[PDB]
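The structure to be discussed contains ciclosporin.
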Amino acid sequence: XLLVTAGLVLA
Amino acid sequence: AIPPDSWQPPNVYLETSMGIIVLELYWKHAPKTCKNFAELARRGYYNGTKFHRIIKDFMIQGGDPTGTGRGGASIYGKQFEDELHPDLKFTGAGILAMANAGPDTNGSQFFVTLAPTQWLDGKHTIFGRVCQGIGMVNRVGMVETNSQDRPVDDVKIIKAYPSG
Ligand code: NA
């Protein structure tokens, strides 16, 4: 999907 | 040591392989986050790095010197706190904000939005916006990416620096 992570990127 | 609070360069420039983006910082709302970003830029920490993750009509993400998306560190010696404000919302393109891995996990990675992204409200520190170069940012957002949302041709930050 639409996240802005750092390490575990999600859908 | 960290710069003194008196040091508030109004701008950070990103000289990218596609041109210059002029960011203006929200020192009042996000003093710790602005200090971090401007100081990392001043140190050359972002020089030669890339936007490792770009998603059309969403955002461009960078700030990791390893380029993996897993790295980067702040000027504080530890990941630092969010500086959230209900009245700073993700209302449109050009907003500068921190990437993270949960609450109070700010490092060096950041993003610039390409459209409204209000589902991020209250989860990422907003600490500035594009004053000049939004046309460039719009174009950067359209670059072809692979299945991992990595640009197929590197979009580099050649140099980043605060106002002198
Ligand atoms: Na202070």
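Chain letters run alphabetically, one per sequence line, in listed order. Following the PDB entry, chain A residues are numbered 1-11, in order. We number chain B the way the PDB entry does; in order, the residues shown are 3-166. Looking at the header, which is where the method is noted, we find X-ray crystallography, 1.1 Å. Non-standard residues appear as parent or X here, and we don't count contacts from their extra atoms.
- Copies included, the model assigns ciclosporin to chain A.
- Most heavy-atom contacts to ciclosporin (chain A) in this structure come from the chain listed in the PDB entry as peptidyl-prolyl CIS-trans isomerase-like 1.
- At a heavy-atom cut-off of 4.5 Å, the residues contacting ciclosporin (chain A) are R55(B), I57(B), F60(B), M61(B), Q63(B), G71(B), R72(B), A101(B), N102(B), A103(B), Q111(B), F113(B), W121(B), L122(B), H126(B).
- Residues of ciclosporin (chain A) forming heavy-atom contacts shorter than 4.5 Å with chain B are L2(A), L3(A), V4(A), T5(A), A6(A), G7(A), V9(A).
- The cyclosporin A-binding residues of chain B named by UniProt that have a heavy atom under 4.5 Å from ciclosporin (chain A) are exactly: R55(B), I57(B), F60(B), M61(B), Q63(B), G71(B), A101(B), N102(B), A103(B), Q111(B), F113(B).
- In chain B, the residues contacting ciclosporin (chain A) fall mostly within the UniProt domain PPIase cyclophilin-type.
- The entry attributes the source of chain B to Homo sapiens.
- The deposit refers to chain A as cyclosporin A.
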